[PDB]
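The structure to be discussed contains paromomycin.
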Amino acid sequence: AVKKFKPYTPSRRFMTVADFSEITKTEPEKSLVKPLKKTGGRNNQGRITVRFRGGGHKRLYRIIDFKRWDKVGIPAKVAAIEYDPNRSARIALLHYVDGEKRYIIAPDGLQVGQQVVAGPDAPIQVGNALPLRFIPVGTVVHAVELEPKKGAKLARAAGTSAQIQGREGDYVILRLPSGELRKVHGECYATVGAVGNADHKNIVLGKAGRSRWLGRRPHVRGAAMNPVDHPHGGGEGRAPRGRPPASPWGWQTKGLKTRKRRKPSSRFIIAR
Amino acid sequence: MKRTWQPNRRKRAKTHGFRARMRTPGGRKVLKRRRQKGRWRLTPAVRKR
RNA sequence: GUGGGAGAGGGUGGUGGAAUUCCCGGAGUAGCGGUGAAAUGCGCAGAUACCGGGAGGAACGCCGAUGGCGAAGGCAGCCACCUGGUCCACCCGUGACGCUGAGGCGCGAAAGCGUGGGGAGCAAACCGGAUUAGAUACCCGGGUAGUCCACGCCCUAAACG
RNA sequence: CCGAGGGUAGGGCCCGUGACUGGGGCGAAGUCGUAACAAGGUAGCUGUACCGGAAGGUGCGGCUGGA
RNA sequence: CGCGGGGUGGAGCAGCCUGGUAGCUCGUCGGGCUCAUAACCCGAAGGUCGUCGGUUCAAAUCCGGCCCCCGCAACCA
RNA sequence: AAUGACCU
RNA sequence: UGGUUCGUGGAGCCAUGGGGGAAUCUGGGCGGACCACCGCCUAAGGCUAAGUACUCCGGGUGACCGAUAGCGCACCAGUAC
RNA sequence: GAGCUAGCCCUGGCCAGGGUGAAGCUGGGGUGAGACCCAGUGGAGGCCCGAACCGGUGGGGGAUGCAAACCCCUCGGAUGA
RNA sequence: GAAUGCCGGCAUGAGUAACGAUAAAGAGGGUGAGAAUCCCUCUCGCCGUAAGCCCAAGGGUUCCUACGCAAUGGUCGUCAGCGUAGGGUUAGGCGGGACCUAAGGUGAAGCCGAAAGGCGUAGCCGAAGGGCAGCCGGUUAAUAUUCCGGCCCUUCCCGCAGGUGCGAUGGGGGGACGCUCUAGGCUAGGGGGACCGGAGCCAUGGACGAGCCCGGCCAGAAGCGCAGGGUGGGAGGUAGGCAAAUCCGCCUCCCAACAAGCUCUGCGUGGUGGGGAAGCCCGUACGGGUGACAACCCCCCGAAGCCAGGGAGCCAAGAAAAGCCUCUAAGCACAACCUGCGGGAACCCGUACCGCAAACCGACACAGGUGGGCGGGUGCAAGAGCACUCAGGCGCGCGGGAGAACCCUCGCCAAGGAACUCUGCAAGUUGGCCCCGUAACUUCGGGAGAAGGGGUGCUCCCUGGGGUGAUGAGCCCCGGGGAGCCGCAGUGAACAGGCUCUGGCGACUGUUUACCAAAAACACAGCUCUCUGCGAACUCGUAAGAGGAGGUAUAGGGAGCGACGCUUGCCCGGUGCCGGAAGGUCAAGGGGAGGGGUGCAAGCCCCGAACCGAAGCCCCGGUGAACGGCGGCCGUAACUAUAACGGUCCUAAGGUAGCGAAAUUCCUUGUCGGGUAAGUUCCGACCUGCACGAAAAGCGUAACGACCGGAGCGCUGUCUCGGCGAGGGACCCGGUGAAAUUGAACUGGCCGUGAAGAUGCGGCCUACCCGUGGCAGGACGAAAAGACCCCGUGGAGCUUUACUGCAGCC
RNA sequence: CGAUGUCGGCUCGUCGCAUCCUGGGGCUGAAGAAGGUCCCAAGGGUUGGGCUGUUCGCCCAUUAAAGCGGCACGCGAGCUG
Ligand SMILES: NC[C@@H]1O[C@H](O[C@H]2[C@@H](O)[C@H](O[C@@H]3[C@@H](O)[C@H](N)C[C@H](N)[C@H]3O[C@H]3O[C@H](CO)[C@@H](O)[C@H](O)[C@H]3N)O[C@@H]2CO)[C@H](N)[C@@H](O)[C@@H]1O
Ligand SMILES: [Mg+2]
Ligand SMILES: [Mg+2]
Ligand SMILES: [Mg+2]
Ligand SMILES: [Mg+2]
Ligand SMILES: [Mg+2]
Ligand SMILES: [Mg+2]
Ligand SMILES: [Mg+2]
Ligand SMILES: [Mg+2]
Ligand SMILES: [Mg+2]
Ligand SMILES: [Mg+2]
Ligand SMILES: [Mg+2]
Ligand SMILES: [Mg+2]
Ligand SMILES: [Mg+2]
Ligand SMILES: [Mg+2]
Ligand SMILES: [Mg+2]
Ligand SMILES: [Mg+2]
Ligand SMILES: [Mg+2]
Ligand SMILES: [Mg+2]
Ligand SMILES: [Mg+2]
Ligand SMILES: [Mg+2]
Ligand SMILES: [Mg+2]
Ligand SMILES: [Mg+2]
Ligand SMILES: [Mg+2]
Ligand SMILES: [Mg+2]
Ligand SMILES: [Mg+2]
Ligand SMILES: [Mg+2]
Ligand SMILES: [Mg+2]
Ligand SMILES: [Mg+2]
Ligand SMILES: [Mg+2]
Ligand SMILES: [Mg+2]
Ligand SMILES: [Mg+2]
Ligand SMILES: [Mg+2]
Ligand SMILES: [Mg+2]
Ligand SMILES: [Mg+2]
Ligand SMILES: [Mg+2]
Ligand SMILES: [Mg+2]
Ligand SMILES: [Mg+2]
Ligand SMILES: [Mg+2]
Ligand SMILES: [Mg+2]
Ligand SMILES: [Mg+2]
Ligand SMILES: [Mg+2]
Ligand SMILES: [Mg+2]
Ligand SMILES: [Mg+2]
Ligand SMILES: [Mg+2]
Ligand SMILES: [Mg+2]
Ligand SMILES: [Mg+2]
Ligand SMILES: [Mg+2]
Ligand SMILES: [Mg+2]
Ligand SMILES: [Mg+2]
Ligand SMILES: [Mg+2]
Ligand SMILES: [Mg+2]
Ligand SMILES: [Mg+2]
Ligand SMILES: [Mg+2]
Ligand SMILES: [Mg+2]
Ligand SMILES: [Mg+2]
Ligand SMILES: [Mg+2]
Ligand SMILES: [Mg+2]
Ligand SMILES: [Mg+2]
Ligand SMILES: [Mg+2]
Ligand SMILES: [Mg+2]
Ligand SMILES: [Mg+2]
Ligand SMILES: [Mg+2]
Ligand SMILES: [Mg+2]
Ligand SMILES: [Mg+2]
Ligand SMILES: [Mg+2]
Ligand SMILES: [Mg+2]
Ligand SMILES: [Mg+2]
Ligand SMILES: [Mg+2]
Ligand SMILES: [Mg+2]
Ligand SMILES: [Mg+2]
Ligand SMILES: [Mg+2]
Ligand SMILES: [Mg+2]
Ligand SMILES: [Mg+2]
Ligand SMILES: [Mg+2]
Ligand SMILES: [Mg+2]
Ligand SMILES: [Mg+2]
Ligand SMILES: [Mg+2]
Ligand SMILES: [Mg+2]
Ligand SMILES: [Mg+2]
Ligand SMILES: [Mg+2]
Ligand SMILES: [Mg+2]
Ligand SMILES: [Mg+2]
Ligand SMILES: [Mg+2]
Ligand SMILES: [Mg+2]
Ligand SMILES: [Mg+2]
Ligand SMILES: [Mg+2]
Ligand SMILES: [Mg+2]
Ligand SMILES: [Mg+2]
Ligand SMILES: [Mg+2]
Ligand SMILES: [Mg+2]
Ligand SMILES: [Mg+2]
Ligand SMILES: [Mg+2]
Ligand SMILES: [Mg+2]
Ligand SMILES: [Mg+2]
Ligand SMILES: [Mg+2]
Ligand SMILES: [Mg+2]
Ligand SMILES: [Mg+2]
Ligand SMILES: [Mg+2]
Ligand SMILES: [Mg+2]
Ligand SMILES: [Mg+2]
Ligand SMILES: [Mg+2]
Ligand SMILES: [Mg+2]
Ligand SMILES: [Mg+2]
Ligand SMILES: [Mg+2]
Ligand SMILES: [Mg+2]
Ligand SMILES: [Mg+2]
Ligand SMILES: [Mg+2]
Ligand SMILES: [Mg+2]
Ligand SMILES: [Mg+2]
Ligand SMILES: [Mg+2]
Ligand SMILES: [Mg+2]
Ligand SMILES: [Mg+2]
Ligand SMILES: [Mg+2]
Ligand SMILES: [Mg+2]
Ligand SMILES: [Mg+2]
Ligand SMILES: [Mg+2]
Ligand SMILES: [Mg+2]
Ligand SMILES: [Mg+2]
Ligand SMILES: [Mg+2]
Ligand SMILES: [Mg+2]
Ligand SMILES: [Mg+2]
Ligand SMILES: [Mg+2]
Ligand SMILES: [Mg+2]
Ligand SMILES: [Mg+2]
Ligand SMILES: [Mg+2]
Ligand SMILES: [Mg+2]
Ligand SMILES: [Mg+2]
Ligand SMILES: [Mg+2]
Ligand SMILES: [Mg+2]
Ligand SMILES: [Mg+2]
Ligand SMILES: [Mg+2]
Ligand SMILES: [Mg+2]
Ligand SMILES: [Mg+2]
Ligand SMILES: [Mg+2]
Ligand SMILES: [Mg+2]
Ligand SMILES: [Mg+2]
Ligand SMILES: [Mg+2]
Ligand SMILES: [Mg+2]
Ligand SMILES: [Mg+2]
Ligand SMILES: [Mg+2]
Ligand SMILES: [Mg+2]
Ligand SMILES: [Mg+2]
Ligand SMILES: [Mg+2]
Ligand SMILES: [Mg+2]
Ligand SMILES: [Mg+2]
Ligand SMILES: [Mg+2]
Ligand SMILES: [Mg+2]
Ligand SMILES: [Mg+2]
Ligand SMILES: [Mg+2]
Ligand SMILES: [Mg+2]
Ligand SMILES: [Mg+2]
Ligand SMILES: [Mg+2]
Ligand SMILES: [Mg+2]
Ligand SMILES: [Mg+2]
Ligand SMILES: [Mg+2]
Ligand SMILES: [Mg+2]
Ligand SMILES: [Mg+2]
Ligand SMILES: [Mg+2]
Ligand SMILES: [Mg+2]
Ligand SMILES: [Mg+2]
Ligand SMILES: [Mg+2]
Ligand SMILES: [Mg+2]
Ligand SMILES: [Mg+2]
Ligand SMILES: [Mg+2]
Ligand SMILES: [Mg+2]
Ligand SMILES: [Mg+2]
């Protein structure tokens, strides 16, 4: 839906906030299962190695369930859907009859009170997790494992999915959010449905501060700098570059493919 | 204005203390040099309890 | 009111096959496209033609009409749901409740604008190859918005009987 | 007290004028092309869009005021 | 003032550097097609190569001096 | 595969 | 690749990161590519005094200084600052 | 050497008092149902005025200064990057 | 004898500048060898969201007292933060440690690295965070939440007494959390009182009076009372909480639905304890006595603090661990554990004093910098604003005169009112509140405090709402109406916008050259390009490893553009990057035709052509929100002028829309038009654009701007053109007393001359000796081994299709 | 070049005359008036605004006139910037 504001201030005239109506009466989270201390820090042991990180709201990590094959066969009741500061998506709090409480990343269409479960069994319904094999060709799916028993790694961003395209002996072909065509092992779990919160892309930050709230420090142009700092630094009053556009570290930034050629992963990929 | 000396007993101790110098080869040599020199004070005297 | 009737009427979901294009494998050569004629173009880096597999989008051949439905715009593969108008029969109920309609309100082809999605074919603009005295055109090879979808705008028409 | 009027400030409508600019009407024999009327030599007209010295061209849909 | 590129029929351009032959397009003129004009077709004419000097057997061409044409430079003060 | 000065 | 006077030179010898990979006296290396001849040695385990180097320390001496010199310090100096 | 300065991490603190009045909620109105319109309430905002507080705009003073960056007047921000 | 030489000493300027805020002094009396400066008293001035008070940091003896003044104090000094000595810092309850965890550090296991060393789950370390039991008074010259008094707690250990399955570093619960706005009731704090207590005072015209003045409080266990916070109770089933569990979790039935009940805080009250002014008298540097058997009461205002884990809303979604509660495992159930009560036990370190400053950081008794808490009263709309002022603390460690120039800071002005000037620079006008009243434009918010106006004090009368209160008096908040008084003037002092018109740039709040640039630069949302399928790309590191990210294409990295609106054309020839299982070239390696050196020979050792050989380049294509580029010459219309049209050369393509003498225009003050009396600027146009132009974006844009330009109104000392006055210096007297500079000096003008600008040489002219206040023309004045320029085969930063390597990648 | 601060403005002036005005004079194609032109003469005077950093210049309104030039394109230990 997206919340919109009137221009009672500049920067309030474009600003735009998510709709939280799917956030069920459960705004503060769940101890026990999560949260952990989350360790803010824009850099490695010592030095900054990703520029322009820092500031922005304190967070608690929700330790979510990315391998659903523990509770094969054990169903769970979806108890709530809550805000997760550390991902684009929303998260489902679910209660297993087992007693155990996990969070699942919350797919589009998930309703509270719903039944959900994981395993070879598993009715093909939104929320359920299955090894890729038993899932019908052509159904859209998410939180897909890359290699079996290694955890969900594909399609967890808000409003993303992959579609099952066909099969090939032990592998089923996937079409990933990027549009790539991937052979992913049959035995990999993946949960049916799309991610949801799909209006995430429609949000307009609206002002500088908002950027900072999310811990995004000001990014400065190479043009703004000096020859010591950047290939684009200097010279006089503005300058068009004077070389093929580059990163600060000298590599070209328009076109230069960067995936290494001889990756053994290659023989499992069929697209862009 | 604000000058450059902003005394702190803990800082002076953690930074220039006998135990800090002892911790690394760089520092151990400092004690060696100061000893051979005949320095009355190997490290700065940080006070208080 | 009761009982029925025909319909591409409308909205949503799902699904079928033919064909074009692209990809992969096979087999296979010296040309293929195209025109009034050509050339640009594609092709010995393995093309066109043929076969097997895959992907995808759009439009629904025959039925089809000089036909049907709708208030107009307009509506056509099939399936199910939701849903408007309408025709007949019976003469059962109400009992003049009627007609029109300034303004209002709603709908409204195509092109066009906004946001996101999609993009096979086609194709403004654009680039070529011709044709001509010259061609910013007609012809030919390419090709982008657009054409498709969702939501929101635009309010026009030889919106014509 | 109200009060003609004078004053200051700011609006509303109307008229005149203005370098320059837009298209228009009109003026016997100047220029460029051939758009339309005969299938006018690419059926025409049309709403919209884009393009072109100019008529105009083309895309999309529509009309018979064409076969 | 300096630099380096340029003047060729009526128009626009070749031809120079590897000296001896000046060619392309348009235009002009004569004829044809047409009722006529244009388009088109057939024939034909047309060039002191800016000047002045000479190097050579021979200069559009190579070399010097001027004259116009264009382009660049004219900085630190 | 264009064009046909003006009035009558 | 380093080491040797040896900087790729005709470039050996000695050490060695990589690859291949023997032999036990009729076995192996060396005498400056290499081959023949004549010779010299016996690798791939180790230890080993003395002659040698230095002067925190003690002693001796000086065609060495004599408090702006001589060690930064003759004096409570690596102190005061 | 990050006890000055720059950035980030952990944990605390601070921001007088005034204005303007977004959403929403509630009532009334409108419609077939709506959209919407009125009040009333409500208290949003890198919103306004202005101390603390963070700055350093213009001018003057100061120039062996009170000060190796200061002083007076004036000024920007002041719930937020 | 020179090296702007080196160390030292002493000169010159010089009794010169200065004596560190313009908050301010005067007198009397002491002490003393010596008083502007020390002590005391009276008067005056200054601070009072402090210039008062209490903490933290830092400092470390500066605290107190006795004795002293050489030096330190910008003067003096009997004084001191100084010298000599002595004294002073008392805790189970305050803070820190025999408690906990954060970032981070360290680090057993483990991984890595020539060495040194680098990582690293557990654990440990690590605090203005969590946990934890003291409140009110009295005492010392100097310490007190520490000693003492009163009242009240907490831990252990040994006992008895009574309960229960007790029992872990282990399971769970809890601890436990944002921001903004907030309700109810309290407390802190404060105002008033005819009421209670109190020495006292009638002044100078009046007042012996609900007269003036002072004070009417603080703590307090149980028990109550009032506020509020936490929380459901059962019974079964159980596969999760990594062994077990009765605990928790999930499921199902009952009962509550409520704070009803348990609790737990806060606040009142509480046995009782303590305190308790003005003034008066005293002798202290200061405190003492009395006032007192002090009184200790009623109203009102009232927090930002408490009840706290209260409530509502919002998005950016808001530490951890121990204590504590509970569960059970090994064990043990003569142990142990809980509760009551007695006795005993309760260590280590800090405690002085300064602390917005003369004791900390600035070399200084430095006009600067320094975190937290309290910060009273009155008025001004409010307030931590401003004026005055309680408490409390200061008059800033040179004074005394004078009354010049000049400077600083300040006040006023005739008439004119920007004529000043680069520019209204500066200064002025404007200024609070209430009520009227407001334009273009606009993104519908704004613009708006638009602009422009009027009201504002005091008195008396009538009158409307609330709060606290019984529905009442008062006491306290907001109002309305009518009369009338005074002055030049009513936010009568202080605090408190000048305004409008039109351009340029950037959307905007923001950021930056600490110490000459705050901007049109940077950032910014937002737009596009491109890389990245996850052990991601990328970055850091030799590595291990870490960031990215406990993220996964709606995500992450890189690049350019920079809200928004309308748009962003043509060229792929060159450069880049992307795509091409062909071909050409291509190193090591493979292959050996063939040849060479030696050997009597087997042999041994060298070269070596075919041919097979990667990436890269060549070659074929693609791609411009990739690097980038986007023409010239002739002629033509029935007046001229001009050129829609034509010819020709060239290119990879020949700049489209929109703008255009521009932050871009050389010629240039282009040419018209507008503002002006006059306008190299400004605004609007024309286009001949030297040399705009579409993401180094193009043309616009409401709002915003300590940005930059032009204009007008208001108002003025900016000016005509100055004048006067004020205070701080300047000057004179007393006290202390520098500095840069300095070849030496007995240091005049002119016309000459000279290395071409002479006090110093020549001629002439003038001129007694020495100071004081002033002015700056000269001493090519001081200050810095010229910044510019060149020189040196000097040095650094930067660039690239310079050379040559290297990392990285292939 | 071990430093001679460099434009313009302001302030303060001062000098040369090849005089802008005012005084004297000759010729004039000087009727008069007002001009032209030359010679003598610097004693005094030589305005206020608009634009520009401007010097200069062009304007507006005047005037008897709106002089030219030197003094390190006079003058920053005097200011401005
Ligand atoms: N005429 C009315 C409107 O204006 C235009 O018409 C104007 C022009 O286009 C037109 O020009 C014509 C030209 O087309 C034609 N081929 C040649 C002719 N000599 C010209 O003629 C014009 O010019 C001449 C002199 O200058 C005058 O004397 C004469 O009156 C005038 N019509 O003349 C008209 C002026 O009178 C539109 N073409 C026309 O269709 C439109 O409706
Ligand atoms: Mg590191
Ligand atoms: Mg470290
Ligand atoms: Mg940036
Ligand atoms: Mg820069
Ligand atoms: Mg660079
Ligand atoms: Mg430039
Ligand atoms: Mg550059
Ligand atoms: Mg139907
Ligand atoms: Mg094939
Ligand atoms: Mg009937
Ligand atoms: Mg009708
Ligand atoms: Mg429509
Ligand atoms: Mg359409
Ligand atoms: Mg569209
Ligand atoms: Mg978008
Ligand atoms: Mg096509
Ligand atoms: Mg033709
Ligand atoms: Mg075509
Ligand atoms: Mg469009
Ligand atoms: Mg008009
Ligand atoms: Mg025609
Ligand atoms: Mg036609
Ligand atoms: Mg036609
Ligand atoms: Mg059309
Ligand atoms: Mg076209
Ligand atoms: Mg002819
Ligand atoms: Mg220079
Ligand atoms: Mg014609
Ligand atoms: Mg005719
Ligand atoms: Mg006629
Ligand atoms: Mg060597
Ligand atoms: Mg060697
Ligand atoms: Mg060599
Ligand atoms: Mg080896
Ligand atoms: Mg050997
Ligand atoms: Mg050997
Ligand atoms: Mg040998
Ligand atoms: Mg030999
Ligand atoms: Mg030997
Ligand atoms: Mg041996
Ligand atoms: Mg030995
Ligand atoms: Mg001697
Ligand atoms: Mg000595
Ligand atoms: Mg001596
Ligand atoms: Mg010495
Ligand atoms: Mg820091
Ligand atoms: Mg406020
Ligand atoms: Mg507010
Ligand atoms: Mg509202
Ligand atoms: Mg604000
Ligand atoms: Mg503000
Ligand atoms: Mg403010
Ligand atoms: Mg405060
Ligand atoms: Mg700053
Ligand atoms: Mg100054
Ligand atoms: Mg301020
Ligand atoms: Mg000498
Ligand atoms: Mg000396
Ligand atoms: Mg004196
Ligand atoms: Mg003097
Ligand atoms: Mg003096
Ligand atoms: Mg003095
Ligand atoms: Mg003083
Ligand atoms: Mg006062
Ligand atoms: Mg002492
Ligand atoms: Mg003392
Ligand atoms: Mg004493
Ligand atoms: Mg003294
Ligand atoms: Mg002093
Ligand atoms: Mg004495
Ligand atoms: Mg003392
Ligand atoms: Mg102990
Ligand atoms: Mg500890
Ligand atoms: Mg840790
Ligand atoms: Mg750790
Ligand atoms: Mg370590
Ligand atoms: Mg610990
Ligand atoms: Mg604590
Ligand atoms: Mg404690
Ligand atoms: Mg004390
Ligand atoms: Mg006690
Ligand atoms: Mg138990
Ligand atoms: Mg626990
Ligand atoms: Mg009396
Ligand atoms: Mg009282
Ligand atoms: Mg009490
Ligand atoms: Mg268990
Ligand atoms: Mg008393
Ligand atoms: Mg709460
Ligand atoms: Mg622990
Ligand atoms: Mg103490
Ligand atoms: Mg104390
Ligand atoms: Mg003090
Ligand atoms: Mg303080
Ligand atoms: Mg002092
Ligand atoms: Mg101070
Ligand atoms: Mg000090
Ligand atoms: Mg402070
Ligand atoms: Mg106050
Ligand atoms: Mg008050
Ligand atoms: Mg106020
Ligand atoms: Mg104040
Ligand atoms: Mg005046
Ligand atoms: Mg006056
Ligand atoms: Mg005036
Ligand atoms: Mg002026
Ligand atoms: Mg002037
Ligand atoms: Mg101005
Ligand atoms: Mg001003
Ligand atoms: Mg305005
Ligand atoms: Mg800005
Ligand atoms: Mg600066
Ligand atoms: Mg600024
Ligand atoms: Mg500044
Ligand atoms: Mg944009
Ligand atoms: Mg990692
Ligand atoms: Mg991570
Ligand atoms: Mg990105
Ligand atoms: Mg930019
Ligand atoms: Mg472009
Ligand atoms: Mg290319
Ligand atoms: Mg190109
Ligand atoms: Mg190409
Ligand atoms: Mg390639
Ligand atoms: Mg080879
Ligand atoms: Mg070989
Ligand atoms: Mg032989
Ligand atoms: Mg190759
Ligand atoms: Mg122009
Ligand atoms: Mg003009
Ligand atoms: Mg003016
Ligand atoms: Mg004018
Ligand atoms: Mg203009
Ligand atoms: Mg230009
Ligand atoms: Mg530009
Ligand atoms: Mg561009
Ligand atoms: Mg821009
Ligand atoms: Mg603007
Ligand atoms: Mg700003
Ligand atoms: Mg600004
Ligand atoms: Mg004045
Ligand atoms: Mg005066
Ligand atoms: Mg005075
Ligand atoms: Mg003399
Ligand atoms: Mg001379
Ligand atoms: Mg002389
Ligand atoms: Mg002499
Ligand atoms: Mg004198
Ligand atoms: Mg002088
Ligand atoms: Mg002076
Ligand atoms: Mg001088
Ligand atoms: Mg000098
Ligand atoms: Mg020099
Ligand atoms: Mg130099
Ligand atoms: Mg050289
Ligand atoms: Mg010089
Ligand atoms: Mg000198
Ligand atoms: Mg004369
Ligand atoms: Mg005369
Ligand atoms: Mg004169
Ligand atoms: Mg001016
Ligand atoms: Mg000049
Ligand atoms: Mg002069
Ligand atoms: Mg000159
Ligand atoms: Mg000068
Ligand atoms: Mg300047």
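Chain letters run A, B, ... following the sequence lines, proteins first, then strands; residues in each count from 1. Part of the entry, not all of it, is on display, and contacts are counted within that displayed part. Each ligand, and each atom within it, is numbered from 1 in the order the structure gives. Scope of the values below: all heavy atoms of this structure, side chains included, with no hydrogens, waters or symmetry mates.
- Tracing paromomycin through the model gives ligand 1.
- By contact count, the main macromolecule holding paromomycin (ligand 1) here is known in the PDB entry as 16S rRNA.
- Other chains near paromomycin (ligand 1) (heavy atoms under 4.0 Å), by letter: D.
- The PDB header gives the source organism of RNA chain D as Thermus thermophilus HB8.
- By chain and number, the binding site of paromomycin (ligand 1) (heavy atoms under 4.0 Å) reads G25(D), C26(D), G27(D), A28(D), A29(D), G30(D), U31(D), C32(D).
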